[PDB]
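The following structure: rosiglitazone with Peroxisome proliferator-activated receptor gamma.
Chain A uses the PDB entry numbers throughout; the residues present, in order, are 202-241, 245-264, 275-477. As a basis for the values below, the full set of heavy atoms in this structure was taken, side chains included, without hydrogen atoms, waters or symmetry mates. Ligands are counted one by one from 1 in listed order, and the atoms in each one are counted from 1 as well.
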Amino acid sequence: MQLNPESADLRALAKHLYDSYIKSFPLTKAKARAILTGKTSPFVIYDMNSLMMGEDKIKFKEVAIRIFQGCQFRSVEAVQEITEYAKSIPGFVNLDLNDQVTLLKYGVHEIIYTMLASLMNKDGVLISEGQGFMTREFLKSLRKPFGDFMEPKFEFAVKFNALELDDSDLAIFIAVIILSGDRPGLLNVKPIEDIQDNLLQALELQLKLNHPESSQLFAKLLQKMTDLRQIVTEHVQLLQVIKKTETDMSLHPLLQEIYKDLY
Ligand SMILES: CN(CCOc1ccc(C[C@@H]2SC(=O)NC2=O)cc1)c1ccccn1
């Protein structure tokens, strides 16, 4: 490894993505872990009683449905943030507009679960920008099939968080996921692939500098890119079950359009 014009540009790219990341996302991993460890306080929701008291304290029908709808609305909101961030990725807006919409379409959920890991520990998940904390066991206490909803996410998060990536690692990682040339229905694959190769170089450089304690981190991360897709995959199958069983759930129409091409 050498300090040359190429690597200097890669460092500039990483710094740029990090700045955009900080501006695009309200709650960083750095601020999130501090809260999760008290170094800073959220209303903890751990049972039905604290759930009701909490809906009345934190500034945000049947309980399971309310919660599930809360996740949908948070999700739609996140799509907005992810989109704003994607536009700051060098080259992204110069792509054919349809490919931009396609990339985001097949990428937002992978990123959503990536970033949700930052807000999780083994006990639960931060909600409403850190105003609240909903416990893992409370989510499992929700009636079938909603009690199985979040558990794959927690399991992924616990493994992912062991990698101990920080926000400047995640800033590049999320860009790499977005610029996947293998999404269905892309018009111009090569320019997309060119940008990702560049992002992947920046990412490898970043991990080497930022994590001197591990030479396996880059390969472990590329492996996680696949776990993510499986989680989306597994999540849509569970969505069909919710449909072919319970008619009292109205799925947000924006998400509907995304899930159309995910079946
Ligand atoms: C558990 N939390 C935190 C958010 O946790 C999430 C879990 C899953 C998603 C994916 C959504 S849900 C769906 O089916 N399709 C999507 O895009 C998005 C967020 C909340 C948040 C608000 C109210 C109640 N609880």
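- In this structure, the binding site of rosiglitazone at 4.0 Å (heavy atoms) is formed by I281, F282, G284, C285, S289, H323, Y327, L330, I341, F363, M364, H449, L469, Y473.
- Measured by non-hydrogen atoms, the distance from rosiglitazone falls under 4.0 Å for these UniProt rosiglitazone-binding residues of chain A: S289, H323, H449, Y473.
- Near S289, meaning under 4.0 Å from one of its heavy atoms, rosiglitazone places the atoms 11 (C), 16 (C), 17 (O).
- Of all atoms in rosiglitazone, listed by their number and element, those nearer than 4.0 Å to a heavy atom of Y327 are 10 (C).
- Less than 4.0 angstrom separates some heavy atom of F282 from each of these atoms of rosiglitazone: 14 (O).
- Of the residues of chain A in contact with rosiglitazone, the majority fall within UniProt domain NR LBD.
- Short contacts between rosiglitazone and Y473, defined as distances under 4.0 Å to a heavy atom of the residue, involve ligand atoms 13 (C), 14 (O), 15 (N), 16 (C), 17 (O).
- For chain A, the PDB entry reports the organism Homo sapiens.
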